[PDB]
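The following structure holds octreotide.
Chain letters run A, B, ... following the sequence lines, proteins first and then strands; every chain starts at 1. This deposition comes from electron microscopy, 2.9 Å. As a convention, non-standard residues are reduced to their parent amino acid or to X, and atoms outside the parent are not considered in contacts. Quick note: numbers below take in every heavy atom, side chains included, and nothing from hydrogens, waters or symmetry partners.
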Amino acid sequence: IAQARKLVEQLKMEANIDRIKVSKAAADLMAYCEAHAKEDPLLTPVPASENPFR
Amino acid sequence: XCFXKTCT
Amino acid sequence: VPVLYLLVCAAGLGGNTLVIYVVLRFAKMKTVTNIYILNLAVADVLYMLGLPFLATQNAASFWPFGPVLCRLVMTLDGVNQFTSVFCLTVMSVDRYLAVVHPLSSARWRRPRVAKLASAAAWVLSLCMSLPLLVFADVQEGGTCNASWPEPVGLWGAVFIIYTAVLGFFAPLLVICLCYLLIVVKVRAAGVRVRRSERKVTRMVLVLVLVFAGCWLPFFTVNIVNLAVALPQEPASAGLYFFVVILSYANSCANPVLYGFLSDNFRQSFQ
Amino acid sequence: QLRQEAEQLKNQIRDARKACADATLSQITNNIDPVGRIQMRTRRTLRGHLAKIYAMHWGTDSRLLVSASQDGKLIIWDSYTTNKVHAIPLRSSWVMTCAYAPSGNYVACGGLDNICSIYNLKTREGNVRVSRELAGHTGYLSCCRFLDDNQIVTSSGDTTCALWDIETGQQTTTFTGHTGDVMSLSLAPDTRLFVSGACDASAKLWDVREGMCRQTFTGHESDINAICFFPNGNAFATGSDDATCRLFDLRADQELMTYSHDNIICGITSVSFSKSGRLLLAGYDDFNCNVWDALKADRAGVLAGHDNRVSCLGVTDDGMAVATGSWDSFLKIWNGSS
Amino acid sequence: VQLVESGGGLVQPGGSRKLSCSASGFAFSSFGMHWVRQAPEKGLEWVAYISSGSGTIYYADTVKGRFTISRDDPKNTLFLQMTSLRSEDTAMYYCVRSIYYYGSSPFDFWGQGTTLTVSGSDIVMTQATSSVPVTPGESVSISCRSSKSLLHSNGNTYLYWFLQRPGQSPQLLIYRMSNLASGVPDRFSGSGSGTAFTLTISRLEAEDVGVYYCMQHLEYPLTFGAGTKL
Amino acid sequence: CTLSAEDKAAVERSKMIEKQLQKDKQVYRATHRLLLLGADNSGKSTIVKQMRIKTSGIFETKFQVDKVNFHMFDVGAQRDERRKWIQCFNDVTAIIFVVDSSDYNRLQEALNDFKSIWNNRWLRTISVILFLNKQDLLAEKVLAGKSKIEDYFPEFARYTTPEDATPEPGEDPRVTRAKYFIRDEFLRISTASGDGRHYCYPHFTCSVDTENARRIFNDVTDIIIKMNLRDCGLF
């Protein structure tokens, strides 16, 4: 009897969060990826002189 | 007569 | 005559190439066992090139070319063949140590050791074949054969005996005891605890029989000839031809047995 | 009676999610330029272990690292010069996890025995010695991560997690609710939230101070092994045994993309991200590692071969090096620059 | 962590003597040793060295052929032998320890000495004496110079400082020109350049009075400066 | 070279550190490991205690025969499922399995468990050794009445007389010879799925018996011998 009561309480607690549309969310990743493209060594090779691992 | 291999 | 000579080369050429090109791509060299098979194939394939020149020199025709090539072909022909006996000999001791003394021989199983052994083995063949060029040149007068620079009576007997002693006997003595000890050992372990001992006996018997049969005749023929002179008659040349043709089947028997009858090589062959 | 109410509530919850599917993210990125091919090369190799290896970790300074083996030994290496610093024996052989402290003063490890232990390095006398032991669990451990100096989190095969305090060595909070074995967990940039997954093919979210769950996901249909976060902190990805990977969001609360190919049949073991989040990496059982495009969902390279199974991966903070391990007792490092 | 030595006495020209030292309280096998001596009214001098594994030995020019050193691990004891003494060997001796690895601090400890009676690069500093009030606002600084560049391609610079008080052994303050010891207060500060170095002290207190020294550790032949009063 | 004075000290330190590992490996390569399994009904604990002469999770035991060291392990508190942690034993020497032949009603579960263990993806190259126990109760119940096997396991009535190779190590009535039937029901399953990569060894045991240690040694030696022949490539 207690298990069902606990499940009902959990379900009641879960159901009151705010939401947004996916169209808005889709742009944040694009902006973040565009912002930090100039300091990615793996994406853009670097001159041999400054490589510690040469 | 012969000496070695295939001489004869 | 030439038809017989074509077939041996045609059969021999491809077998070594198959295994030698398979080894590099799939069975990368990372263990001691994989090194001696490398040298064996190279030795056999390099030896297999000899017959056509001798075919040209007796196939109803006599020696073209001059002295420049006579004293170049013979040296390599002689040097090539001797490596095989030592290459075969080493593996027996290797496998004996691999099964009779596991822990006590851990030091000598490191990869570095095999390279030194191969390099050392590769030298004595050149070290021993020099007399064939330095003491007496290959005088082309005798149809590219050899004629001694000093009284033949003494040196002719010296050459054959000293070559034959090292060529045949000692490795035959070496191999047998090593191959016997493993079979001696197996039974005691087997008894105390069906299918295996039969296979072991079969394998060992087959590899000893082939090895001995592929090579027995030639030295006996040469010794008998040295003991007493032979008459002049067409059967004499036929005897020599038959005695010589047989020797080349060993290089075609060798690659298949050691190569394709092992389970691990078969599994890695895919 | 109660079953009907539960079904009603489940249907009511399901109803809302249909309206949020405003658009498909595939259409809004078809015009983006591709990335291209990538090649990398090996730089250094490290020998030494007598047996298979399980786990490894990086340091904050990006120069030091630690590795573990199932032969009962730990080694610390210098990356630039390839020199060994310290070696420590153990009392137990079955070990699975290790971690590094942020300040570089403390280290911990664990194994089948339900204890994640700690060690000290700095003393007037020159020797490494043990400090404390924590017990109380009834199942084999999976991971114990540090966080701050005086706090630590741990997970166990049994479906519960707890928090500890080193000074008094007693627990303070416990989390329950799962019905299957727990495998992995990951922390967030700001240390207030974390996630974990279990064999029930479901995930959850937790709060540290409060101690109550908030959200759940159920996508996969098979076992789940790996999970990782995104630099922004609002997204994460998971891997499964059925040879599939999926992505999720926290504010939208629904899946976005899937990556798969028809030629692969084996599973996945590890996953990690890069600094800018444009690239994704994963390993497989078949002795191979692959790389993926996070925005276009296309493969773009391979990382050669190994002689046995591959286990672990890691990226440094500055993003200039990456290392890999396997069961063949050897380690390698890649730079990949031209 | 304590160290004690014994020996000394009175000898006549053409004699021989031996010295010994004992240690306790730490792992002995992981540390090297060194020797140092001092004159009645002069500076310090370096003598010898021995490594942990007994694989390297080094000597000075003046005593290259006469003096010998040995180690014994199981007994945790050290020995030194001398022969063919001369009139210019009246000095007091000291012992030091060292260890090396990434981020390590070589010199940390010093001990006492015993008395005996018989009957490359240059480093430069001046300003032998100076006046100092006791007011807290008072601040002082010192300088020194060298004759060669100490910078290496790696990027590290080697320079050290020491302080001595009446009737007591010296002590270590700073290493590698930018690092402070564990227990030293934070008032002290230091800086330098390619061939010029400086020290600064603020918020003076009574205990600070003492004498100071410096040393270089680039090429094995080691040299010391003469200290300055305050 | 361009090295400074201080680096050579670190190089020497690493060189000195490197040595101990070879001796450690040399010591390591001279030991064997075994794994043990069974059920509650079996006398596993009794066997362990006789052979010797809170939430630990694992237990260990040691013994020596003919100046040879052997190690044995057992598991403690764990949940029912065995799917996940089984992987760790990929490279162990051999496994041991114990069974109660007296009880008739609970025989099918043992067969099911044996079939389950035999065909797992991670154990294709590991052999198994099998022991049977508690013969005295079997004999006593067979001599008396009020029990029969035909009720539980049909086809025993058409079963033949004991095979021609069955020996007679003791003077007992022919009815007592029912052990061979059970021995053939397990070997039947083990017969198939084999292609020479793993083998099985059955044995009989009695209550509180002795000379149990000698038995494992011969099988261990034979198994060790068999591997080297494949290693070289001569078999």
Can you list every ligand or chain that belongs to octreotide? chain B
So, counting contacts under 4.5 Å, which chain has the most with octreotide? Name it the way UniProt does. Somatostatin receptor type 5
Chains contacting octreotide (heavy atom, under 4.5 Å): C
If you number the transmembrane segments of chain C the way UniProt does, from the N terminus, which of them put a heavy atom closer than 4.5 Å to octreotide? 2, 3, 5, 6, 7
